*Asks:* 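Please take a look at this structure featuring minocycline.
As listed: the chains are lettered in turn, A, B, ..., one for each sequence line. We number chain A the same way the PDB entry does; the residues here are 2-159, 165-203, in that order. Residues 2-159, 165-203, in that order, are what chain B shows, numbered as in the PDB entry. Whatever order the structure lists ligands and atoms in, that order sets their numbers, starting from 1. According to its header, this structure was worked out by X-ray crystallography, 2.5 Å. Heavy-atom basis, side chains included; hydrogens, waters and symmetry copies ignored.
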2 protein chains.
Amino acid sequence: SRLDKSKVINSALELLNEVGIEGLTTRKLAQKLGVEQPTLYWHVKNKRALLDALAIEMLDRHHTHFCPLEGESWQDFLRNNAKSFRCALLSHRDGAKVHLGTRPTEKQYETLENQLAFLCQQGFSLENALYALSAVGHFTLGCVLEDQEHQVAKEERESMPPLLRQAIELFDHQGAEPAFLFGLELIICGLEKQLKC
Amino acid sequence: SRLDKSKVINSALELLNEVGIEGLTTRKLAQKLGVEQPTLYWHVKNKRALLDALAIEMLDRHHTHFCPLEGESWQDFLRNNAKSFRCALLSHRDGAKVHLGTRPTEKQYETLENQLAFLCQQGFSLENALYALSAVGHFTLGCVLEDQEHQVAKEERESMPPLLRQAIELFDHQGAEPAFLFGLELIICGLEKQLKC
Ligand SMILES: CN(C)c1ccc(O)c2c1C[C@H]1C[C@H]3[C@H](N(C)C)C(O)=C(C(N)=O)C(=O)[C@@]3(O)C(O)=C1C2=O
Ligand SMILES: CN(C)c1ccc(O)c2c1C[C@H]1C[C@H]3[C@H](N(C)C)C(O)=C(C(N)=O)C(=O)[C@@]3(O)C(O)=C1C2=O
Ligand SMILES: [Mg+2]
Ligand SMILES: [Mg+2]
């Protein structure tokens, strides 16, 4: 044990994959680290705090499109931002659940301010620009949550009208990705509309 | 004890409110009913099955706009359908989590077939019509999940750029409802677009 925040979060990320969000505990975490449970406090207070750092960490590694490139349309940006957010959530077991209920923190202030200012100078009012953000985040979270639940819920469970069958089979056969890429693009047309004003 | 499925689900709905989704168990349920745990099996196999019935029940009571009224635009219908779905999820503690990962069941076949056929005769292809449905459901679920988590997550936790502050305060001050009504309406403009074809 070199004893590191970075090693704790690494190890916690692994443990999340092993047991998932409900089964994750600080007790189980220290044991995986081969340390006593008081020691691990020097890095995490408790489960919520641990979960906040896991959520933060998943963005650090995977949410790469947190920032607009100039010349890149706001439209492409809401697109690539949602994509990498999605990508962040999917990176681990219960990724979307680990994010749920988190809020902006100090180290995101600059990223997030830039995010609203980028939209604003495109001509969205601050209000619509923050609603453009929540619509995309709510929608993306909704997709990954359903998509992520699908598997554990299919484990624990065991004939119809032909259009419904066709619809389910089309839905089932096409991944989460198209269902995701589709709504994403409906939201972007709503916003292309709104902005025209 | 008259011993009823209807009484079990009533009582389970109550228990969900008391302890929430993770703390709900069949063990805790029978004890609330004043019965032994074998007895309660004659109505529910296990937690997943219980959760499926709770999810079903919340739609029965509250998801009233499951069906289009002719003369009612598809647009008004996707609107009122999302609204009452939302309404279903919010009706109980962890309502949105209880739905997560559920799938269409036999008694929904007629409702749901009608739902895709209604859109189809409006001129959506089956595929887009099922994507119009998932976009709205994913988005609605994403809203209520975040909205529902907000409170428990605020219990268990403890300064910034002024536009971010303004954005948070605007966001915070305006309920979940506007953030919800907004994305909903972006999705509907995307679909008003797509259909034009
Ligand atoms: C293909 N078909 C669209 C599927 C496929 C997988 C699914 O997991 C689901 C659907 C239909 C949708 C219908 C949506 C609908 N609406 C968009 C809210 C809806 O009215 C209902 C309902 N029972 O009225 C659903 O079951 C629903 O909430 C739902 O849970 C679905 C759902 O779980
Ligand atoms: C007002 N502002 C938009 C708020 C308010 C409450 C919130 O709970 C949140 C935001 C910003 C959004 C930004 C979205 C952004 N995007 C739409 C995916 C985003 O890029 C980030 C990010 N850190 O890059 C978020 O924090 C974000 O995922 C997020 O978690 C937010 C979030 O949790
Ligand atoms: Mg967030
Ligand atoms: Mg569903």
*Asks:* Point out each ligand or chain corresponding to minocycline.
*Replies:*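 Counting all copies, it's at ligands 1 and 2.
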*Asks:* So, counting contacts under 4.5 Å, which chain has the most with minocycline (ligand 2)? Name it the way the PDB entry does.
*Replies:*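 By the greatest number of contacts, it's tetracycline repressor protein class B from transposon TN1 0.
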*Asks:* Name the other chains in heavy-atom contact with minocycline (ligand 2) below 4.0 Å.
*Replies:*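 Those with a heavy atom under 4.0 Å: A, B.
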*Asks:* Determine if the distance from atom 2 (N) of minocycline (ligand 2) to the closest protein heavy atom is below 4.0 Å.
*Replies:*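 Answer no: nothing from the protein, no heavy atom, is under 4.0 Å.
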*Asks:* Return yes when at least one protein heavy atom is under 4.0 Å from atom 15 (C) of minocycline (ligand 2), and no when none is.
*Replies:*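 When distances to the protein are checked, atom 15 (C) of minocycline (ligand 2) has a heavy atom within 4.0 Å.
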*Asks:* I'm comparing minocycline (ligand 2) with the native Mg(2+) site: which UniProt-listed binding residues in chain A have a heavy atom within 4.0 Å of it?
*Replies:*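 Per UniProt, the ones with a heavy atom under 4.0 Å: A:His100.
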*Asks:* Could you tell me whether some N/O pair between A:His64 and minocycline (ligand 2) is separated by less than 3.5 angstrom?
*Replies:*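 Yes, A:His64 has an N/O under 3.5 Å of an N/O on minocycline (ligand 2).
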*Asks:* Once you restrict to heavy atoms under 4.0 Å, what part of A:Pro105 touches minocycline (ligand 2)? Side chain, backbone, both or neither.
*Replies:*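 Answer for A:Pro105: side chain.
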*Asks:* Listing by number and name, what other ligands and ions are under 4.0 Å from minocycline (ligand 2)?
*Replies:*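 The list: ligand 3 (magnesium ion).
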*Asks:* Around atom 12 (C) of minocycline (ligand 2), find the nearest protein heavy atom and jot down its residue, atom name and distance.
*Replies:*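 Nearest neighbour among protein heavy atoms for atom 12 (C) of minocycline (ligand 2), to 0.1 Å: A:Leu113 CD2, 4.5 Å.
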*Asks:* Which UniProt-annotated tetracycline-binding residues in chain A have heavy atoms closer to minocycline (ligand 2) than 4.0 Å?
*Replies:*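 In chain A, UniProt binders with a non-hydrogen atom that close: A:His64, A:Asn82.
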*Asks:* State whether the shortest distance between N or O atoms of A:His100 and N or O atoms of minocycline (ligand 2) falls below 3.5 angstrom.
*Replies:*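 Yes, A:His100 has an N/O under 3.5 Å of an N/O on minocycline (ligand 2).
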*Asks:* Right, does atom 19 (C) of minocycline (ligand 2) have protein non-hydrogen atoms nearer than 4.0 Å?
*Replies:*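 There is a protein heavy atom less than 4.0 Å from atom 19 (C) of minocycline (ligand 2).
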*Asks:* Please list the residues near minocycline (ligand 2), using 4.0 Å as the heavy-atom limit.
*Replies:*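 The site of minocycline (ligand 2), heavy atoms only, is A:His64, A:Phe67, A:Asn82, A:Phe86, A:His100, A:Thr103, A:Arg104, A:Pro105, A:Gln109, A:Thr112, A:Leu113, A:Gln116, A:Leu131, A:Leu134, B:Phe177.
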